[PDB]
Peer 1: 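Okay, handing you the structure first.
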Amino acid sequence: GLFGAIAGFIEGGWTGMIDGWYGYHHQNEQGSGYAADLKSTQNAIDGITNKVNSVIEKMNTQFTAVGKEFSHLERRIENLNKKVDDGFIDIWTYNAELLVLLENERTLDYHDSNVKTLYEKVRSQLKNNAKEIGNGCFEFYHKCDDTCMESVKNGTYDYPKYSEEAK
Amino acid sequence: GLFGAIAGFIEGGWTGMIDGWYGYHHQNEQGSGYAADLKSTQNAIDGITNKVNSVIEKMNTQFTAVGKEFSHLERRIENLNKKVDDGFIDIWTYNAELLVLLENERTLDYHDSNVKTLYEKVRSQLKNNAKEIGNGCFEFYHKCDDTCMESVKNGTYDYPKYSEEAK
Amino acid sequence: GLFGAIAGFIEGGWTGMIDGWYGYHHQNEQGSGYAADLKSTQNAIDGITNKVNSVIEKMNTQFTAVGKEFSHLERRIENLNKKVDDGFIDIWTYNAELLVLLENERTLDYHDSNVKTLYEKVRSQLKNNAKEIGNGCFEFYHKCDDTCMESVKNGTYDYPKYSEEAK
Amino acid sequence: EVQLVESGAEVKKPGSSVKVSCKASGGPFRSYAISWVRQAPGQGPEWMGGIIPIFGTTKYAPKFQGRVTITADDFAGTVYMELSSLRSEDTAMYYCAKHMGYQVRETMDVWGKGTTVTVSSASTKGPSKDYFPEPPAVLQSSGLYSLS
Amino acid sequence: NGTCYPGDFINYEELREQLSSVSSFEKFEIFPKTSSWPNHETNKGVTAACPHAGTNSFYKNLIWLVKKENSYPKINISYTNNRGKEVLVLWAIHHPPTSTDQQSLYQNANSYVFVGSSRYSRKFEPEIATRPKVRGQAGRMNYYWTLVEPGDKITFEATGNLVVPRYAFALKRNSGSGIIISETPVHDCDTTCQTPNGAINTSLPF
Amino acid sequence: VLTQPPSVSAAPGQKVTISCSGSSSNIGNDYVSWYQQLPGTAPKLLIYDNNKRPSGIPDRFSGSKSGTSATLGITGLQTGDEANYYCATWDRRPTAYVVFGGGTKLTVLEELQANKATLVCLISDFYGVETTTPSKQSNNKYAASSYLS
Ligand SMILES: *[C@@H]1O[C@H](CO)[C@@H](O[C@@H]2O[C@H](CO)[C@@H](O)[C@H](O)[C@H]2NC(C)=O)[C@H](O)[C@H]1NC(C)=O
Ligand SMILES: *[C@@H]1O[C@H](CO)[C@@H](O)[C@H](O)[C@H]1NC(C)=O
Ligand SMILES: *[C@@H]1O[C@H](CO)[C@@H](O)[C@H](O)[C@H]1NC(C)=O
Ligand SMILES: *[C@@H]1O[C@H](CO)[C@@H](O)[C@H](O)[C@H]1NC(C)=O
Ligand SMILES: [Cl-]
Ligand SMILES: [Cl-]
Ligand SMILES: [Cl-]
């Protein structure tokens, strides 16, 4: 991916995070678990539903379009009519296939950027109260109980509070 | 934005920076102010003017194209002529609308990347002579008078000179 | 470039790295040299060959399409036939030129992302056993002989081993 | 705003099943969940279950777990609700309501006007006294209404 | 099972395009069978080319007029379009192979036919020649049609050879209809989108 | 389940408060919303996330949550505010689901030839057998009906 996160420094995905597209896995003395990140999953679902609606709205429905009949003395306009019908089909087929190919690439890069944005948000929060251990994990220098973990996932982690409590 | 800066870790924009698209706001004992970053605003204006010219040049002007008349015994070629005219209009309408939708997305991401590039340039300059305080601001560990600030914005900040002068 | 690496913080290219698109230049007491990064050059060659094949496959070959003849009493269908032929040529010319313009932009950004991904991979490896000196170079705090350099380029650098051997 | 429009009223016999629908304006894909809530006469609302956009996952209340099936045709901007093994106690007004975001939650901010499902052992019959679905009246043990 | 009596159908392709924008019509007898023709032989014009379970029959909407005891008076009947909708009108022209059969069926030497409106005006001179046999008849019947705009009148003036119309059609248009060619059968299904291979039940864009 | 008082009453211009009491599985560990319901109309959201109002809900509606009890408050009581009020929350009890309170009503201050024969006893102008519940006339007197088969 263009942003190095998905299939990048975060080596793989989580079948155990079921409530969203991006999120957290935590691990402290009380226990472990997954939790989707609602705010960022929501923003992506906004954009992707918008993307799909955009594709729909641009392909107005085809109304009644039947063929025509020609005599054995009208083959030039018969072939012209065939040329027109075939031509437009070749063009909408190209348009349809190309749009989906290009939008598919952008959609995947979009998800990749969203994961990277989330990781950097947490990194910016924890600063040097935790060790960046690669694979997208932060190892805390202080005890981080469930309330501590919950505050990281809310974006209201308290870097001054824990900077004095390092192990 | 795909790069996390605009409406990202830099929470908002500056109505008080009037001379360009991206730039600085400084704050030291002598005073405060805004200043656009000429070199990066120029590069973006190059590309966006180029983008707009590209759209223009690809839509060659329509010359004289009038309708035709048919008799009550020529309705097959009348409808064929109507089919052709309508078809091409549906295709140029699709082309026009799609190009603008896609270019609009890329233009916004482009600006987002330009802001992020600028922030990382400064970060790479100041290194650990200043504290990354989020929201895109650097808090200096040494006194940074107007000449000091001016050199940051010129890209010729003197990391050795000030590494010995920290407060 | 959208990722700030090519023509960015890495100021220029290497005519002396001949075996690939992205790679390393090392410099220790035994000597210096270039070396392409096979794994990342391969991934890009996969995608670009795929991109070029995609363009090819979407432009199916034109089969026999000859003109037609009309009498001095058939100028309406003569002009209609001319309108059809010209129209489709204007549309495939637009399609061809636009696809290449857009794919060219994405291809360049693609290479830019690949270089940035590589640089951050190494940075993540070396951690604080080396000094980020800008321009894409890392200056080691420990002696890094050829085996040491070879392990960096394999992605199996041994941060614990050398953290005790700093100069 | 958003308009939720449920399908017409239904009258069904016990043990059969009913499939009602809810058509949403705009879209047709939505970025918010939709759930179904019913309310029997003289009772509070009770949530039945909901469905999540893109993921398509569903949650059901324990009371209807096992006999309710919520589905979505996002291209038609429509959501469906099928309820089976109908009891007389299932007679209620059925609403579809949307949530503020993509997860089903206690907060449903916009509701449809509701549609009724009546579950009776009776069948339709013309009056002579002894008529069924309402065209104040009282209902006998027969399930038939008798008015005056 | 189209034209059982041989001949060329004039502007038959154009007639098909006119009908693909027709949802319904009003079928009436523009010239009643017995009321319109008083001194003309009506019920003597069947043929073996157009059969009907052994016996001979003919088109149900056109009528083949012939001589009434070696007498065929010149016709000058007309119809004004007091219907509000355009009226489709068809007729035919008969070309017997032998000049004897011209006076055998129409009693007149060298006949003429004229049809008239505002969008149509033409006269016909029946051509007699030894054409090959198709359905047993060496003669040819050439079929014609014209649309009568509301308020206009059509006129048929002839001395034989004119295959008069009985029933015409007052058309209601509905763009969004057409003619399709399919071998697939009809059912009591109801769809909103139809193709000649079958009906589509979907909300997808392609 | 969530328990509310069945019924509360007050005079116009006064402030009333509707309590919603649950357990640690519902209110004590999740957000609380409130809905207003008028006869013939769908439930209308008044309060979400314990104490926030949607657009269009007036200042005089308010909510709060203390430990295990939530509370709706209404001031400047109007005649149009006489309705049923319901709290709702996300219960993690058995399988998780949305659970409503019980509700709180706010008040502001020839035939015998077919081998069958039925009785007719009507009643109105007040203030085996089926019985009609007391409906409401346009007169605003109570009316009903009753039959013994
Ligand atoms: C309807 O169409 C059928 C089939 O084309 C006609 O029948 C054919 O007539 C030719 C005449 O030489 C025969 O050789 C064929 O054997 C016949 N086919 C069959 C299947 O019988 C028929 O004449 C048409 N009927 C009308 C009234 O036009
Ligand atoms: C979570 O963050 C919001 C701000 O976005 C804050 O208002 C709220 O109090 C936080 N929750 C907790 C439990 O700290
Ligand atoms: C600003 O930077 C340029 C190099 O880009 C340098 O030549 C110039 O001297 C600098 N100006 C000052 C005042 O240092
Ligand atoms: C290079 O890396 C691979 C793993 O990707 C490892 O198996 C191999 O042993 C490494 N080579 C050396 C010389 O360390
Ligand atoms: Cl990816
Ligand atoms: Cl943006
Ligand atoms: Cl570049």
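Quick note on labels: first sequence line is chain A, next is B, and so on, each numbered from 1. The entry is not shown in full; contacts are counted within the portion that is.
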Peer 1: Which polymer chain sits in most contact with chains D and F, and what is its name in the PDB entry?
Peer 2: Hemagglutinin HA1 chain
Peer 1: Could you tell me which of HDIT101, CR6261, CR8020, MEDI-493 shows up at chains D and F?
Peer 2: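 That one is CR6261.
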Peer 1: Counting only non-hydrogen atoms strictly under 4.5 Å, which other chains reach CR6261?
Peer 2: A, E
Peer 1: By residue number, what is the epitope of CR6261 on chain A at a non-hydrogen cut-off of 4.5 Å?
Peer 2: A:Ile18, A:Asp19, A:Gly20, A:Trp21, A:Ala36, A:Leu38, A:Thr41, A:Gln42, A:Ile45, A:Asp46, A:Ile48, A:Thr49, A:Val52, A:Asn53, A:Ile56
Peer 1: In this structure, what is the paratope of CR6261 for chain A, with heavy-atom separations below 4.5 Å?
Peer 2: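 Those within the heavy-atom cut-off are D:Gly27, D:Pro28, D:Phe29, D:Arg30, D:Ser31, D:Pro53, D:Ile54, D:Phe55, D:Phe75, D:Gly101, D:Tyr102, D:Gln103.
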Peer 1: In the entry, what name goes with chain D?
Peer 2: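 According to the entry, CR6261 Fab heavy chain.
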Peer 1: Report the molecule name recorded for chain F in the deposit.
Peer 2: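 In the entry: CR6261 Fab light chain.
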